[PDB]
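Here, PF-03654746 is shown bound to Histamine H3 receptor.
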Amino acid sequence: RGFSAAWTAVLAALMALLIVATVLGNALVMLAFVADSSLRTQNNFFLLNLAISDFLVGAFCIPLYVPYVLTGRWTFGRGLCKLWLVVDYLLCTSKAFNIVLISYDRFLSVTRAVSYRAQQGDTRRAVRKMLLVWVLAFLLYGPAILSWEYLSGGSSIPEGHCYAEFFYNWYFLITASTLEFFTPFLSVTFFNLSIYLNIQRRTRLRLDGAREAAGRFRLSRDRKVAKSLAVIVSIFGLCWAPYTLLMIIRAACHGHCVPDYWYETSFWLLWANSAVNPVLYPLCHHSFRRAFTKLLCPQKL
Amino acid sequence: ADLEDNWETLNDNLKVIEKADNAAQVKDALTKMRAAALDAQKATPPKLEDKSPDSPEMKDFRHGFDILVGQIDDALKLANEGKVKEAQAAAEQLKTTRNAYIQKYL
Ligand SMILES: CC(C)CCC[C@@H](C)[C@H]1CC[C@H]2[C@@H]3CC=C4C[C@@H](O)CC[C@]4(C)[C@H]3CC[C@]12C
Ligand SMILES: CCNC(=O)[C@H]1C[C@@](F)(c2ccc(CN3CCCC3)c(F)c2)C1
């Protein structure tokens with residue numbers, strides 16, 4: 001595979017900008033947690049979790065792959081192939097499973113608002129939910145990557161390249177694809193729909209002067225939380241859906257109807273999401289607009 | 001993509017040969033492999049759109065295919081005497097010659 005000198009020079013330039021953008025963007029997000037201790041909230045920690053994954057896609061996953069698309073050869077031994085594979089499959093399903101968790105936390109904040117108020121500053125509870133997520137994420141692809149070769153009596157991946165030993169196993173790929181896509185997509189759809197109905201109901205609720213007046217202010221806040229969640233959920237959906245959907249389709253036509261370069265394009269769209277998130281946090285959240293101010297332009301006092 | 005399609009052909013015919021039982025199937029599969037190999041040898045790999053035919057990379061690409069054609073011809077020799085088992089065993093060696101020498105350039 002690979003590319004002529006002229007094409008590698010244009011792609012390397014572009015691959016590099018994406019690296020710098022992803023790395024700087026998520027370092028800046030992590031440094032804002034340092035600057036502002038008001039970001040010590042469960043919701044905020046769930047976003048910090050997304051920024052860590054994103055940092056690693058930039059610092060680790062894109063960089064090791066660059067030389068491999070450009071030249072067609074993995075030059076790092078199968079050992080480092082397995083580690084890079086584990087980490088790329090891990091950061092994918094972790095981002096997905098963390099969007100689920102963020103969506104749940106937002107659903108509880110609108111639908112269970114008074115119970116959520118007491119729990120919100122509990123970051124120990126938050127950090128333990130994110131850890132469980134890292135283990136659940138690992139479990140889906142982690143062991144299969146590390147163990148398939150010995151279960152199958154040796155590798156079917158020539159020493160040239162770097163693929164999951166299950167990557168032309170359609171049976172494994174259909175059940176991993178459908179879980180990887182539907183678990184997150186149906187859970188996330190449900191929470192967001194359920195936030196919409198909750199707000200619509202309370203909006204059509206008939207209350208007296210102070211209760212009504214207290215709850216249109218609380219609905220203004222819920223409506224904002226719902227936009228915030230829709231925007232990030234949508235932009236993730238549109239970065240992640242092509243790759244998740246194409247895998248389901250590759251596995252169900254046994255690799256005969258999906259060209260390699262379709263799914264390889266989709267990698268960059270999914271990895272590009274890691275550059276985008278850093279910009280969405282302050283677009284969509286006060287708490288992040290506040291933190292970035294405390295860090296970059298604290299002159300606002 | 002004619003190089004992509006000639007590689008396609010090498011794959012399909014190599015699995016027929018694992019799967020076969022008589023000399024005619026093995027023979028036809030190799031004659032196909034051979035044609036595809038000679039065709040693929042005349043290709044310019046995408047990697048190399050910008051290189052001379054006297055380029056070390058382009059000489060090496062073409063030498064990979066000399067190994068391959070020659071190995072297919074040894075296996076034709078054996079198939080063309082009804083030695084189906086030898087000719088099938090020799091087909092395995094094609095996989096080595098493909099990965100070690102040619103797959104780099106795809
Ligand atoms: C402007 C910057 C920040 C964005 C970077 C975009 C670059 C890194 C992305 C956008 C389009 C991507 C290309 C789209 C499609 C393919 C085909 C695939 O078979 C190999 C990778 C390749 C060639 C991608 C390489 C990386 C790529 C060029
Ligand atoms: C074309 C050069 N080789 C490749 O692109 C290989 C295809 C490869 F096995 C691969 C790596 C990682 C994944 C999983 N990634 C999860 C996030 C985007 C894709 C694959 F599905 C496939 C790397």
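Numbered from 1 within each chain, the chains take letters A, B, ... in sequence-line order. Note that ligands are numbered from 1 as they come in the structure, with each ligand's atoms numbered from 1 the same way. What's counted below: heavy atoms across the whole structure, side chains too, no hydrogens, waters or symmetry copies.
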Q) Which ligands or chains belong to PF-03654746? A) ligand 2
**Q.** Neighbouring chains of PF-03654746 (ligand 2) at under 4.0 Å, heavy atoms only
**A.** A
Q. Going by UniProt, which numbered transmembrane segments of chain A, first one at the N terminus, have a heavy atom less than 4.0 Å away from PF-03654746 (ligand 2)?
A. 2, 3, 6, 7
Q.
Please list the nearest protein heavy atom to atom 14 (C) of PF-03654746 (ligand 2) with its residue and the distance rounded to 0.1 Å.
A. A:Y243 OH, 3.3 Å
Q. For PF-03654746 (ligand 2), which part of A:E264 has a heavy atom less than 4.0 Å away: the side chain, the backbone, both, or neither?
A. side chain
Q: Identify the protein heavy atom lying closest to atom 20 (C) of PF-03654746 (ligand 2), giving its residue, its atom name and the separation to 0.1 Å.
A: A:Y89 OH, 3.5 Å
**Q.** Ligand-residue contact atoms, PF-03654746 (ligand 2) with A:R1, heavy atoms, under 4.0 Å
**A.** 1 (C)
Q: Run the contact test for A:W74 against PF-03654746 (ligand 2) with a 4.0 Å cut-off on heavy atoms, strictly below, and give the result.
A: no
Q: For atom 23 (C) of PF-03654746 (ligand 2), grab the closest protein heavy atom and report residue, atom and distance to one decimal in Å.
A: A:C162 O, 3.3 Å
Q) Would you say A:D88 contacts PF-03654746 (ligand 2), with heavy atoms under 4.0 Å as the rule? A) yes
Q) Can you find an N or O of A:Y65 that's nearer than 3.5 Å to an N or O of PF-03654746 (ligand 2)? A) yes
Q.
Applying a heavy-atom cut-off of 4.0 Å, say which part of A:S266 lies close to PF-03654746 (ligand 2): side chain, backbone, both or neither.
A. neither
Q. Which residues form the binding site of PF-03654746 (ligand 2) when counting heavy atoms under 4.0 Å?
A. A:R1, A:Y65, A:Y68, A:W84, A:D88, A:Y89, A:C92, A:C162, A:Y163, A:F167, A:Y243, A:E264, A:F267, A:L270
